[PDB]
Amino acid sequence: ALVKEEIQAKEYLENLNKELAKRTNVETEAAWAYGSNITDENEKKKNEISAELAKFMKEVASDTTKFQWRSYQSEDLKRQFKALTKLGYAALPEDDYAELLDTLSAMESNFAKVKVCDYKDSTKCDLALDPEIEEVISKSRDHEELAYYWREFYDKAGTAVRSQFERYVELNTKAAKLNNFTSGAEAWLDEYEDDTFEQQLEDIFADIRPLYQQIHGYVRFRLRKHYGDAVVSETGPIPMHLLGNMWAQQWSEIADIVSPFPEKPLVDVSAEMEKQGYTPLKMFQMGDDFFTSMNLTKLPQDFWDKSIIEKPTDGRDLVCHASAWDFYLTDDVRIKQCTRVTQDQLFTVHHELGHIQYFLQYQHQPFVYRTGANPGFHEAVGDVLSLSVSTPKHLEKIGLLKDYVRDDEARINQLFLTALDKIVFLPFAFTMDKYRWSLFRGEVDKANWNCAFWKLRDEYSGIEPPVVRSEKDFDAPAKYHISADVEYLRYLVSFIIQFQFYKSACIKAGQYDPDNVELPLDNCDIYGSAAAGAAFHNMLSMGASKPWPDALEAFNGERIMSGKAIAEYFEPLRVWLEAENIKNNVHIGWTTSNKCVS
Ligand SMILES: *[C@@H]1O[C@H](CO)[C@@H](O[C@@H]2O[C@H](CO)[C@@H](O[C@@H]3O[C@H](CO[C@H]4O[C@H](CO)[C@@H](O)[C@H](O)[C@@H]4O)[C@@H](O)[C@H](O[C@H]4O[C@H](CO[C@@H]5O[C@H](CO)[C@@H](O)[C@H](O)[C@@H]5O)[C@@H](O)[C@H](O)[C@@H]4O)[C@@H]3O)[C@H](O)[C@H]2NC(C)=O)[C@H](O)[C@H]1NC(C)=O
Ligand SMILES: CCC[C@H](N[C@@H](C)C(=O)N1[C@H](C(=O)O)C[C@@H]2CCCC[C@@H]21)C(=O)O
Ligand SMILES: *[C@@H]1O[C@H](CO)[C@@H](O)[C@H](O)[C@H]1NC(C)=O
Ligand SMILES: *[C@@H]1O[C@H](CO)[C@@H](O)[C@H](O)[C@H]1NC(C)=O
Ligand SMILES: [Zn+2]
């Protein structure tokens, strides 16, 4: 009978969760060792442990059918059982799973091992993306030099893994169907527990899209004045190599040439960080200080002992792309970041520490609940702090911003600088998964895979490659997350909901009042606010124990994902920019790109 069985089921889950945490610890350790030190030996070890865990998960999923779990009274027990039925890749036959793991490490290691030759020195060929190539992309205003590094990187990080990517799509699809999802798109979207999630994002994106078009138009106008009309046309997509980022996902590196008021201050604290002798250690300690100032959890000793916060100086290959790691015990959490002393890196440190805080907040939960309310929640945490860290208010407090006068023009500069990151990112992030969804769903023929990528980049972001590409190239895997099989929609969700969290935290902190000119949202600093921290504790401690609207409700009483807050933040910019584009007769929109030959 069911009453007795539900009691047995509760005991079953309690033991299984603890077992899963312990088994996952071992897989995570091997994954950490490989990421910190890429070798054929470590790859083999990582993949063999994963195969072992997958086999165990199959048995778990099989064992769930022995319990009448759908018949139970407890919503909590039913939720835990449902989590256990979701095998993902582990649903694949033994041999297929092994092949997928081999395909995945082939792609990630290719990306991590990319090296190009110096533009000026063809004998020096040890330039890696992080930091050598990214430094040129962020700093050079030599458009031909930029185009050279763009092509070299995309050819090596992208085109080189086409065959592996193709097999990955096939096996990803096979896995999704074994879990009875239509494709990997539906498998990813399942994490958001909402059958209208795509439509919701289309609706929010459509509301913010006109502001992006205005920013795009103004930036193109300003780039024409810098590079001339031979490099940048008035009516075409912007050549992406001029935007200060390898993937044109963030344009903040070219703020010095596109800022609304060039004679007024533009916040760039990298030089002052170097002048004050900042180190990666100091940056992480400052991050820790921010969290604890909000009455949140201090970084444990394991973090400091085990984390890698600087790029190793030996000859070894590693994944430098920053990440945060949960080892599923108590207080064993780590970051691996090839940290540099820059303003954007200070934000990246806080982003990564946001993941760590989430790990610590929910580590008391049963294993299946030791993850974000949804993937976007996990990405949002650290960005909420970075928003306040980025304010002139905060940067003055820590002595990184000196002799700053916050007049109307300086405010517009700062709002624009923020938008070059936050608004610009939105169409980018959407296209990363729109692309992969379309491949997963079988909506694009293999003969059209490359130009399908560039078509989306054109349609949504109005950017294009610096040189003509074709189906002989394969450019998508040149973005880390595409080579590394990391879902990207989490970041689109994050960039929307982080403003919901930020607005609410600022109101709680007494730092934002819409009717008070002295408390604007764009200058809110939540440092030292226990009240804002209390909201975070209430939400983060839940992990995935409840559907995400319940986690949002615990933060601020709301249950709906909304673009209201991000629009509210940027409203003063929207008003000024619409007027400025009209003042300057700025062309808005773009013709279809000629840069991908079918
Ligand atoms: C993805 O979707 C798949 C369907 O498209 C699904 O695959 C199905 O899973 C079913 C298991 O839930 C499975 O059903 C069993 O079928 C057995 C016979 O199947 C044969 O013939 C089929 C064609 O006629 C072939 O396709 C098969 O290959 C087989 O040759 C039955 O013998 C079996 O039965 C037993 O189990 C049920 C248990 O059900 C419950 O039992 C409790 C008792 O505790 C009851 O209280 C409760 O009410 C309920 O009845 C018993 O009722 C029964 O007495 C037997 O013990 C069972 O029906 C099905 O075969 C399979 N394939 C297909 C094509 O249907 C995947 O599972 C889905 N994947 C995921 C991850 O969800
Ligand atoms: C395995 C990928 C980890 C990922 N790594 C970071 C560096 C990352 O990829 N990104 C995303 C990116 O770099 O594409 C944007 C996101 C916005 C804040 C700064 C860095 C964040 C993460 O921590 O979410
Ligand atoms: C990297 O891994 C190799 C074996 O794969 C090991 O011998 C070596 O100690 C590791 N290097 C470092 C710097 O940890
Ligand atoms: C700090 O957090 C604890 C719970 O973690 C809470 O009880 C306490 O009230 C908080 N401190 C302040 C000053 O609010
Ligand atoms: Zn993240």
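The numbers used for chain A are those of the PDB entry, and the residues that appear cover 17-614, in sequence. Because only heavy atoms are used, hydrogens play no part in the values below, and waters and symmetry mates are left out as well, while side chains stay in. Remember, it's 1-based here, ligands and their atoms both numbered in the order they're listed.
At ligand 2, the PDB records name the drug as perindoprilat. Bound to perindoprilat with the largest number of contacts is the chain that the PDB entry calls angiotensin converting enzyme. Applying a cut-off of 4.0 Å to heavy atoms, one finds the binding site of perindoprilat to be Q265, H337, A338, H367, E368, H371, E395, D399, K495, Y496, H497, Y504, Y507. Remark: perindoprilat atoms within the under-4.0 Å shell around heavy atoms of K495 are 12 (C), 13 (O), 14 (O). For atom 6 (C) of perindoprilat, a protein heavy-atom neighbour is present inside the 4.0 Å cut-off. Less than 4.0 angstrom separates some heavy atom of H371 from each of these atoms of perindoprilat: 22 (C), 23 (O), 24 (O).
At a cut-off of 4.0 Å, the other ligands and ions listed near perindoprilat are ligand 5 (zinc ion). At least one N/O-N/O distance between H337 and perindoprilat falls below 3.5 Å. Within perindoprilat, counting atoms from 1 as listed, the ones closer than 4.0 Å to a heavy atom of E395 are 22 (C), 24 (O). Source organism of chain A, per the entry: Drosophila melanogaster. Considering backbone and side-chain N/O atoms, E368 comes within less than 3.5 Å of an N/O atom of perindoprilat.
In chain A, the residues contacting perindoprilat fall mostly within the UniProt domain Peptidase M2. The deposited structure shows no covalent link between perindoprilat and a chain. When only interatomic distances are considered, the shortest N/O to N/O separation between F441 and perindoprilat does not fall below 3.5 Å. Among the atoms of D399, none of the N or O lies under 3.5 angstrom from an N or O of perindoprilat.
There are UniProt Zn(2+)-binding residues of chain A with a non-hydrogen atom under 4.0 Å from perindoprilat, namely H367, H371, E395.
Considering backbone and side-chain atoms together, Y496 places no N or O closer than 3.5 Å to any N or O of perindoprilat. Using a 4.0 Å cut-off to heavy atoms of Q265, the atoms of perindoprilat that qualify are 12 (C), 13 (O), 14 (O). Annotation for perindoprilat: atoms under 4.0 Å from non-hydrogen atoms of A338 are 3 (C), 4 (C), 5 (N), 6 (C), 7 (C).
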